[PDB]
Enquirer: 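Consider the following structure, which includes L-thyroxine.
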Amino acid sequence: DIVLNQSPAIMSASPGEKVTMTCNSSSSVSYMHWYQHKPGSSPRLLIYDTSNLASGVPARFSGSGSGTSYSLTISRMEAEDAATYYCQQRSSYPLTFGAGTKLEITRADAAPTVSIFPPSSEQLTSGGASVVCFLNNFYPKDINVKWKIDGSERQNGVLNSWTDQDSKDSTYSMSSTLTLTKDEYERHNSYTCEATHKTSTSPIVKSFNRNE
Amino acid sequence: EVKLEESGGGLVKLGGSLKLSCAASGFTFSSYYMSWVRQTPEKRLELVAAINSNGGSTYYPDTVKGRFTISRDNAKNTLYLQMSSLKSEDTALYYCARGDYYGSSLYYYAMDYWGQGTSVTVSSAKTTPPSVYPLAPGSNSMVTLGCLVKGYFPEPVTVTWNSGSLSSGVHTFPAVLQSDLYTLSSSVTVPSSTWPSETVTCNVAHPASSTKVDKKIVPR
Ligand SMILES: N[C@@H](Cc1cc(I)c(Oc2cc(I)c(O)c(I)c2)c(I)c1)C(=O)O
């Protein structure tokens, strides 16, 4: 299985901007296909045999390459070009794919709206306790969440998940869940979700007191 | 109008078997090479099987050779994948995809149309219904509420708000797997004038256990 290395793994561009991504091969290949894949639909053949556009594909897309290095270029990015792009070699069996370059849309930096939620009575009744923090509609994607209980950071038992880039406003959102035992939960008062981001000099702090 | 429509996906235990079908329309099925390609959870794409115009030749990568059998009935315009001796790493979305025209005179080994896919999970973990917990603030012109859908298996679940009436301002986050159970959350943001004065309800479904839960978000 020939290994194909796509770079960058993820990138962002403003509409109108020129975009280039690369597919480098551990071995020589004679041709390369490219596919476009958007959430909500299945892969679409974009270029075949290195540089030929598939049916329906706009001339802003072009492909080039030879030997061990191949590339895909959009002369002028449209918003509808946000997608994951995969290269595929066709010179050795099995046919193999790169891991994808996710092409995102650049928008203006946006600070997160942060909300923190205590465990439900339903969950406490069953012996567990999860504290949830939502960090909604921010840009860029990189963000850090810190959980503090009674002033001391907790790093274990935290599950985080990011949404895909929003189709309407191009922001991201992220959810963080810290799960505790009910007994440890009932032994502490102060629960804090702390967010750091390009848009804050100090952390955004949301908190609740179990005694209130 | 080319159309490829897969079926047969499901949950199977390690070493089990599944049979996938793909219904093809909009073209002369018997005139094309056909393939199965899978999207893994980490979003890698892997060819798993290919077959020529008749059922005569077939190709499998070593990773599935001897385990998977691709076939086709050109009478029924139908492609099949028999998947056996299944392994954890066969978990994926399986696409049916069309290859070369038989008499192209120049084979490209490109997949020019793909189905929407059918989902397969290979695991021995026990199917478990979710617990659905309301997320209400402890104590802005808007308020953000949530539902935590915890401890279920397998994927997927669906979440709506007010039976789909609240669509804008919703974020349903991708589930996270930990120790054979998934946790998923969903947030909804609404005018503070609408809650708690009116009801906000999350509607959760988990087909794999036939569970459906409607959880109102109660203040305090
Ligand atoms: N010795 C044989 C080996 C081979 C057979 C098949 I069947 C195959 O699967 C496909 C998939 C697509 I997609 C195509 O467009 C075509 I053509 C064949 C592949 I990979 C390799 C040969 O070299 O042909």
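One letter per chain, A onward, in the order of the sequence lines. We're sticking with the PDB entry numbering for chain A, so the shown stretch reads 1-212, in order. By the numbers in the PDB entry, the shown part of chain B spans 1-139, 144-224. Looking at the header, which is where the method is noted, we find X-ray crystallography, 1.9 Å. Worth knowing before you read on, the calculation uses all heavy atoms, side chains too, and leaves out hydrogens, waters and symmetry mates. Just follow the structure's listing: the first ligand is 1, and inside any ligand the first atom is 1.
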Enquirer: Determine the main partner chain of L-thyroxine by heavy-atom contacts under 4.5 Å and name it as in the PDB entry.
Expert: Fab-fragment
Enquirer: Under a 4.0 Å cut-off, which other chains come into heavy-atom contact with L-thyroxine?
Expert: A, B
Enquirer: Identify the binding-site residues of L-thyroxine at 4.0 Å, heavy atoms only.
Expert: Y93(A), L95(A), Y33(B), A50(B), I51(B), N52(B), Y59(B), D100(B), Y107(B), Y109(B), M111(B)
Enquirer: Where is the nearest protein heavy atom to atom 11 (C) of L-thyroxine: which residue, which atom, and how far?
Expert: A50(B) CB, 3.5 Å
Enquirer: Could you tell me which atoms of L-thyroxine, counted from 1 in the order shown, lie closer than 4.0 angstrom to a heavy atom of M111(B)?
Expert: 13 (I)
Enquirer: As an exercise, identify every atom of L-thyroxine less than 4.0 angstrom from a heavy atom of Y107(B).
Expert: 17 (I)
Enquirer: So what's the organism behind chain B, according to the entry?
Expert: Mus musculus
Enquirer: L-thyroxine and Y59(B), any nitrogen or oxygen pair closer than 3.5 angstrom?
Expert: no
Enquirer: How far is atom 12 (C) of L-thyroxine from its nearest protein heavy atom, and which residue and atom is that?
Expert: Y109(B) CD2, 4.0 Å
Enquirer: Quote the name the PDB entry gives chain A.
Expert: Fab-fragment
Enquirer: Check whether any N or O atom of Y93(A), backbone or side chain, sits under 3.5 Å from an N or O atom of L-thyroxine, and answer yes or no.
Expert: yes
